[PDB]
**Q** 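Structure uploaded - pleconaril bound to Capsid protein VP1.
A note on names: the letters A, B, ... follow the listed sequences, proteins ahead of strands, and every chain is numbered from 1. A restricted portion of the entry is shown here, and the contact count covers that portion and nothing more. All ligand and atom numbering here is 1-based and tracks the order in the structure. Determined via X-ray crystallography, 2.8 Å.
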Amino acid sequence: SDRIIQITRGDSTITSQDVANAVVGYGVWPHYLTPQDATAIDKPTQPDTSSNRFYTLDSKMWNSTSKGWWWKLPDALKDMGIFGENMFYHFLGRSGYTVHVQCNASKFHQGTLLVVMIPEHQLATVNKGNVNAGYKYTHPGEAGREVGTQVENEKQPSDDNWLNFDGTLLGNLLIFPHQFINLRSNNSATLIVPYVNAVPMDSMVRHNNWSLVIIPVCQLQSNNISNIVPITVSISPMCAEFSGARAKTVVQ
Amino acid sequence: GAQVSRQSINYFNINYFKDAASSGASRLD
Amino acid sequence: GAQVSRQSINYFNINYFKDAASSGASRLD
Amino acid sequence: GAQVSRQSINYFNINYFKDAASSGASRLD
Amino acid sequence: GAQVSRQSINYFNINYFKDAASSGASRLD
Amino acid sequence: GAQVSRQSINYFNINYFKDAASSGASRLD
Amino acid sequence: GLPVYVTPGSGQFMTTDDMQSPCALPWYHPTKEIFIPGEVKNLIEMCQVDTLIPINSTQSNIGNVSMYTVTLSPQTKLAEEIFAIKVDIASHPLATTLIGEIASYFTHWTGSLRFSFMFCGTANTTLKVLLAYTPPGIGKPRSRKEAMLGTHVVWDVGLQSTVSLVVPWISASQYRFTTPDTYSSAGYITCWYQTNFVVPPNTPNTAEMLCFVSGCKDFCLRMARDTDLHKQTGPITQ
Amino acid sequence: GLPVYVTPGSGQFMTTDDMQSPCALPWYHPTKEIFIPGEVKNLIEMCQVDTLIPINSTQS
Amino acid sequence: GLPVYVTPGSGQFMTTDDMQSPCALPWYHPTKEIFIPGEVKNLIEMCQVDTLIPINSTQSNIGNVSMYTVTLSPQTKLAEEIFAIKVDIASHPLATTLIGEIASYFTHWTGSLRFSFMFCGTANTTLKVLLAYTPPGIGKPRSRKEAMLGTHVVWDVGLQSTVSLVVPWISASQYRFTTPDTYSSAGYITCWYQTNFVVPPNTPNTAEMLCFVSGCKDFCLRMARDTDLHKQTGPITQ
Amino acid sequence: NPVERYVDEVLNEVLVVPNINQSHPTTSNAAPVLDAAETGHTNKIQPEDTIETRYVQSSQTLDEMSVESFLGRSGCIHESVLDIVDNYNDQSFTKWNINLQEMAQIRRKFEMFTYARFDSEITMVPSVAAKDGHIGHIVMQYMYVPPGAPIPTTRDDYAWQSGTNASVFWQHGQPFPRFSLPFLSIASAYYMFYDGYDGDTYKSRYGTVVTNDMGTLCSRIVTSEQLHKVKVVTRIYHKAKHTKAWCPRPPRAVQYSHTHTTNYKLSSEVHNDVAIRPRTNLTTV
Amino acid sequence: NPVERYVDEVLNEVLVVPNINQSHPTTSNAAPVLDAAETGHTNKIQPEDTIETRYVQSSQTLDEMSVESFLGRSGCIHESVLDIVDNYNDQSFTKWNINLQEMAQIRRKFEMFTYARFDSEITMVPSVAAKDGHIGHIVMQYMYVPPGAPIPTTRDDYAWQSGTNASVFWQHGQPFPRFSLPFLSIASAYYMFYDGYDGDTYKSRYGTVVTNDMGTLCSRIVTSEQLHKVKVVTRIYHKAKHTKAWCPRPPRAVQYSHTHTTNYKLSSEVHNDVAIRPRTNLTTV
Amino acid sequence: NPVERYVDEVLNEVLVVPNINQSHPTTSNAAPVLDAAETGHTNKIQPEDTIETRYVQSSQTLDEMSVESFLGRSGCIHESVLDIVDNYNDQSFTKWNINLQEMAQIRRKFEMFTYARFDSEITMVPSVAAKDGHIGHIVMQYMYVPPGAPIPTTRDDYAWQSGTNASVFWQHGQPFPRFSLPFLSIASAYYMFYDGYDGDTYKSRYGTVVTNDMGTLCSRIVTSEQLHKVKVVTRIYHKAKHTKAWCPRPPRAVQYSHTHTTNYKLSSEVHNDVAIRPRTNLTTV
Ligand SMILES: Cc1cc(CCCOc2c(C)cc(-c3noc(C(F)(F)F)n3)cc2C)on1
Ligand SMILES: Cc1cc(CCCOc2c(C)cc(-c3noc(C(F)(F)F)n3)cc2C)on1
Ligand SMILES: Cc1cc(CCCOc2c(C)cc(-c3noc(C(F)(F)F)n3)cc2C)on1
């Protein structure tokens with residue numbers, strides 16, 4: 001059946017009985033760093049099944065007024081088991097991911113989520129001159145950011161979903177790896193992305209490679225509104241490898 | 001690049017730019 | 001120095017300086 | 001285009017324009 | 001006068017003046 | 001016209017004008 | 001030396017010339033190239049990807065995600081009109097789409113366009129819609145009957161949520177101008193109700209539809225130019 | 001570089017010269033040529049067609 | 001003559017161009033070249049030779065040979081810190097070393113660095129020291145425990161007076177800037193007491209250590225530039 | 001026959017678009033027009049699948065849409081001003097922190113990709129305005145000071161010797177100066193966007209300013225003080241050569257505010273900030 | 001022997017005219033001199049058929065009468081004026097809607113054909129008139145703005161960056177600028193005449209204005225304001241290269257009035273409007 | 001395949017750096033990290049010997065670090081001034097005793113070697129400052145007077161005839177003059193340093209002044225006296241070509257004082273005379 005999926009990573013298996021295929025970002029499957037592209041000379045540590053497994057983030061509630069949610073990777077996985085430990089004990093890290101967004105309702109509900117994975121999503125600030133988004137704002141952790149809620153501190157990034165929080169139009173986000181969760185068709189989205197960067201490995205603490213953006217383009221409607229319809233995200237690193245070991249970095 | 005021809009009176013018929021619009025007047029007939 | 005080619009319509013594809021950055025626009029495909 | 005000749009002391013006798021009136025002084029005899 | 005070489009990608013390595021001091025930067029190694 | 005010579009390090013020894021007085025300094029010995 | 005004749009044009013600076021020039025950093029060796037996923041070699045690769053049309057971009061909607069959705073609902077009159085837009089790749093509701101933005105960097109366009117629509121009602125909502133393309137030389141159609149005489153697709157909503165209508169290249173000339181210029185104005189896309197929007201009891205009485213656009217295998221752009229979809233009215237500072 | 005001698009005429013603009021010049025629209029590909037009846041290649045083709053002489057062209 | 005098109009750049013003088021030019025002394029024959037020992041063909045040959053780091057360059061020491069020595073002695077607390085410096089090739093205590101001076105004529109650097117230390121106590125003085133390299137993305141270590149979690153060498157002083165610690169190239173990018181620029185800041189080298197400095201009776205209770213630095217087989221510099229380690233503030237006269 | 005390759009280059013027919021084939025009426029249960037946009041893939045239907053097409057021989061070519069062509073045109077990236085008003089020593093020289101972010105036209109094109117690797121061709125257009133009537137003999141010096149090298153602080157600073165930096169001297173009345181630069185990054189590609197910082201604290205810098213340090217362009221009027229004052233404006237043009245670009249992205253929709261940041265301004269009526277024009281209603285073409 | 005082809009090009013003997021052969025007295029009932037002009041065909045009689053000719057070896061050639069030769073000469077098509085009178089910001093730039101209809105000389109030659117397809121060579125002749133005594137350092141920018149691109153409205157408009165448009169910068173004292181343009185139409189040939197409209201109502205436009213939109217040529221003095229005022233006149237010359245022409249037509253007999261239209265003026269005594277000179281009578285040579 | 005040699009020159013990959021190979025944990029009594037600096041040899045340990053390395057394929061090249069590259073860039077070596085103040089005959093000519101010691105930037109690079117043998121490329125940048133408003137027609141003469149030849153003492157000295165010396169005449173408005181000079185020493189290499197004298201008494205000269213006599217550069221404004229005064233400054237740039245260098249040495253740490261001597265000035269607080277920056281203490285990074 002073209003509408004079922006079982007994804008096994010490490011000791012975790014995820015299933016869905018109403019999928020819309022899977023997307024492999026830019027058509028490249030995650031793979032380890034080769035000696036021709038490598039640059040940092042020490043031998044990498046590859047946790048394998050202990051880090052390359054599904055980690056489920058905190059659930060979010062989708063209601064008729066939701067404006068969107070975003071998470072940044074690898075930041076969202078910073079307090080997640082062995083993968084999280086490895087990103088702080090090492091200067092460099094490299095990894096691909098399998099992102100599985102889950103949201104089920106019923107055959108009498110309607111709504112649509114645009115699920116996108118953006119490489120280098122450099123956020124903008126609005127009407128604040130040359131002051132850029134502050135570190136702690138773009139590093140929310142597994143809780144991500146719920147668009148349209150935050151108390152206006154100065155280095156707070158843009159919260160304009162129609163302008164992709166960066167000065168470009170929402171309708172064009174489809175140029176990045178993405179899927180839609182249209183409630184009448186599917187109840188999950190699966191995106192598998194490779195490591196994308198201009199250097200072979202990078203700081204997992206100062207640089208976020210991908211951003212997961214979920215925007216409800218079609219409002220959630222039904223005639224049973226008291227039933228909460230959550231959205232859950234499960235992310236699994238793939239081919240994670242780290243280099244340049246030392247003491248554990250403590251942030252903020 | 002150009003079309004060298006031989007008989008010996010070579011006619012190096014050069015075209016200095018990479019666009020067809022750049023060359024001079026056309027041959028007749 | 002450059003890549004002379006023959007068929008006769010030679011394409012003397014010259015590169016006048018000793019650095020790769022110095023040449024003109026790249027070939028496509 | 002021009003008349004290359006050989007013996008080796010080549011005499012590349014070039015005519016740069018496409019009209020006969022454009023060339024320099026004529027050969028004698 | 002200069003050193004034409006072939007493989008076809010000729011490297012006409014010209015030296016325009018008659019003194020060794022006149023040429024450009026030296027080859028390495 | 002000029003005297004191309006080969007060994008490969010060609011010495012294209014060009015004389016650009018049609019008078020002997022026009023060429024540069026003479027070869028010695 | 002070699003007698004030369006300096007030709008007109010010598011010494012000028014044409015921004016589109018293709019010459020060679022000495023390198024300011026001799027002997028410098030660039031960083032080795034690593035493999036990065038996602039390489040683009042031709043902009044046509046971007047014109048072939050669907051992007052949403054801000055079709056409902058009325059003034060009260062601009063600045064909202066609702067400028068991207070068209071609302072459908074149970075009708076009381078038959079064969080009603082749903083939407084109507086010009087088909088010109090760089091014309092207005094579709095100028096800001098990705099293909100419209102890229103087309104705006106070129107003066108001419110040719111080829112067929114692919115419009116897709118995704119229904120977002122419940123799985124229990126049904127609907128049949130007629131999507132039509134009206135070639136030029138006539139006004140936009142005023143009724144479903146007038147519209148269906150042109151190129152069209154009757155879309156039946158069901159398990160597959162999306163349908164595609166191809167606007168074939170039907171033109172006098174091999175290319176058309178990308179900018180709004182009558183002579184090379186390509187026609188219209190209109191949408192009408194073929195039957196109705198039916199739902200069972202206890203189901204939302206309205207639903208949205210998303211509209212996408214991209215180019216077919218024959219799509220092509222020509223003559224690069226600067227865009228009028230973006231400007232700079234003051235210095236961009238540090 | 002190659003020693004050159006700039007000749008008289010250099011830099012001038014003769015309306016009937018025949019030189020090459022850089023193209024302002026690089027990479028541009030012209031519309032394919034279709035067949036159109038009536039092609040003329042030499043003005044002699046027009047001199048060989050009869051036309052009426054306004055022989056009685058008095059002022060009235 | 002041959003029609004030519006003078007290109008932009010013609011007539012300019014680029015200090016790094018590579019052209020030929022007529023010789024002012026024609027027919028001149030240079031003095032025959034004799035063999036002279038010590039020929040250098042590439043500056044890498046100089047980067048591979050050890051030179052002393054003015055590691056103890058405090059203000060009271062600059063202008064003395066003591067700016068080159070670190071003092072060791074019997075400790076009363078365990079695991080004490082001996083020294084700490086940045087590892088960046090052109091950063092401060094090591095900017096004036098030979099490799100640091102040459103690196104200062106280039107904009108980028110890459111490769112591994114070799115730090116050596118020679119103990120200069122008596123032949124009856126013992127000591128074990130931990131030399132550590134802390135990769136970036138963290139602050140300098142505050143304790144021997146924190147430091148030993150990074151790359152390190154435990155040096156036991158004995159018949160061979162010198163030890164070497166290699167700072168491997170561990171970077172995100174293939175190169176780094178030679179000038180003090182955070183993003184491409186390479187980490188730190190710290191030294192701690194592994195055991196203690198023990199001596200028998202009637203032996204000096206303090207001893208010096210010399211520190212050297214050079215580049216490994218993979219060391220490489222790129223993009224020539226002028227140095228900021230030397231200046232001219234007035235005319236140099238006869 | 002590479003020569004055949006050369007002929008295609010001359011006519012710009014390297015990349016041809018495919019032909020439209022003849023199609024016929026069909027009645028089947030394979031419905032190409034039907035699909036699911038949820039998959040994240042574009043429906044692959046072509047005109048032959050929906051209408052009945054004739055056979056047409058496509059002549060169009062995609063050469064001009066190549067990334068090399070799109071980014072390979074000189075655009076202004078900076079306008080340098082040396083305006084002599086009342087102090088030659090202070091006004092005859094200046095400096096600029098190099099970047100491709102100050103001019104919207106070219107910045108926007110490059111920013112349609114996430115990473116781009118290319119060599120650069122820089123052309124300079126200097127113009128001397130005779131404020132008092134004479135320009136004399138103007139000679140300019142443009143010096144590239146890579147990060148770390150000493151920056152001149154006076155018109156006679158020793159740094160103008162240019163012992164190792166690259167300088168271009170231009171003399172008024174000679175062709176516009178031009179030179180090439182190789183790909184300069186310490187990484188494999190230039191970052192058009194960078195979701196990262198240079199530290200992990202609330203005061204760390206965010207964005208491309210962390211990665212795109214290119215150095216400074218120092219320039220001065222080499223000629224010494226002249227009686228008549230001049231205002232020399234040098235416009236710098238940049239063109240990318242031998243280009244590669246990765247991960248395409250949405251074009252900038254609102255005006256740029258500052259360099260190295262995606263920050264923008266938004267007014268009270270937002271439709272004025274974007275190129276989207278308000279439609280009267282869904283059915284008004 | 002193409003080389004033989006080259007020799008013919010050099011001597012301009014590619015197209016030779018035929019020889020006159022010897023003919024003799026004849027008496028027959030085949031009368032070549034007789035025919036019927038009603039057929040729409042020209043009688044094909046030659047001199048040998050009417051008189052007794054000798055044998056003559058024709059050396060004449062038709063190379064110069066080729067369409068390539070007839071349309072292949074640069075003619076002025078526009079004279080652009082930037083006259084600084086009292087406001088540099090307003091007078092140092094201008095624009096022109098491109099066309100080959102403003103100068104009678106070349107317009108008339110092209111209009112001897114209905115359709116013509118050709119590449120263009122544009123040469124510019126700028127001349128700076130020193131109205132107050134000095135010209136300073138004049139640098140000009142000529143930018144081609146294809147239809148749709150933004151047109152500059154001030155001398156510092158962002159459109160002058162020329163991020164994608166083609167601009168030619170010329171510096172006073174350097175050779176005249178020149179560049180080539182490929183055949184630019186969206187059709188297969190340029191329309192010299194067009195019996196059509198852009199609509200089907202009484203207000204639709206008629207003529208070549210419907211089909212010949214070529215864009216705008218925007219130009220400005222790049223140099224900033226100088227004390228002395230100058231008047232810069234740039235004359236644009238056009239020449240057709242690689243030409244093809246179809247369906248020849250009658251030459252324009254009366255003066256042109258406006259661009260893109262065949263409209264003309266007629267006075268009270270019409271013989272003054274045409275080149276026809278009044279004959280005294282049928283028998284006065 | 002020398003052609004292969006040429007390709008390496010174009011890409012600057014003539015001298016490649018070696019790869020890092022994979023290494024493993026070891027336990028032996030061969031301790032590479034241990035050695036004796038007393039020997040005067042650098043320990044030859046590589047990263048594979050101390051840590052466990054992965055296999056990395058090095059792409060770096062050393063071409064740019066070659067002696068040819070390091071010394072092969074034009075740097076200013078002199079700034080000649082002909083300032084017309086009140087006497088044309090006395091101020092329109094001057095002379096300079098040639099040397100590469102007056103400009104710190106290039107002097108320091110050459111002085112990183114003890115001996116160096118090279119050919120020279122000299123480029124001159126003249127700039128005429130119009131002190132009164134006009135420059136007229138400036139023509140300059142730069143004459144190389146080898147040691148022994150007669151030095152001009154007036155602007156019309158017979159020595160300006162240049163019957164045998166080399167002179168370069170430059171005309172204002174033409175490209176910058178440039179010429180090459182072969183290796184000029186009477187020895188096999190130039191002395192960058194010389195621990196010797198020209199005699200054995202307390203008054204003998206010490207240093208490179210004994211060995212580096214290069215002659216004089218005499219220059220003059222060829223044009224005769226003009227009404228308006230000009231100040232002509234000619235900057236001389238030097239670049240080494242076909243270079244060889246021997247016995248490398250420590251770089252100059254303090255400022256230069258005079259030509260041909262290693263003499264230096266030292267202030268009361270010496271840390272200001274060297275580039276060494278005072279550390280707070282041994283443990284403050
Ligand atoms: C991203 C990204 C890509 C680039 C490369 C930009 C090229 O930038 C320049 C420019 C525009 C001018 C100079 C320059 N201008 O003049 C001189 C010289 F002539 F003085 F060398 N160098 C140097 C660089 C690196 O910068 N940021
Ligand atoms: C019919 C018919 C045929 C043609 C082609 C005319 C060529 O016209 C021009 C001219 C005359 C000048 C420019 C032009 N002048 O300057 C510049 C640039 F240098 F700024 F590019 N482009 C561009 C075109 C298309 O126009 N109508
Ligand atoms: C050590 C060492 C190495 C060198 C060679 C320096 C080259 O010096 C010059 C310079 C800089 C200029 C001229 C010179 N300037 O102008 C002229 C001419 F054009 F008049 F010939 N010659 C001649 C020499 C030998 O000098 N000392």
**Q** Which other chains have a heavy atom under 4.0 Å from pleconaril (ligand 1)?
**A** J
**Q** With a cut-off of 4.0 Å on heavy-atom distances, which residues and nucleotides contact pleconaril (ligand 1)?
**A** J:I77, J:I98, J:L100, J:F118, J:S120, J:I122, J:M124, J:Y142, J:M143, J:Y144, J:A166, J:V168, J:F179, J:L181, J:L184, J:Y190, J:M192, J:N212, J:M214, J:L217, J:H238
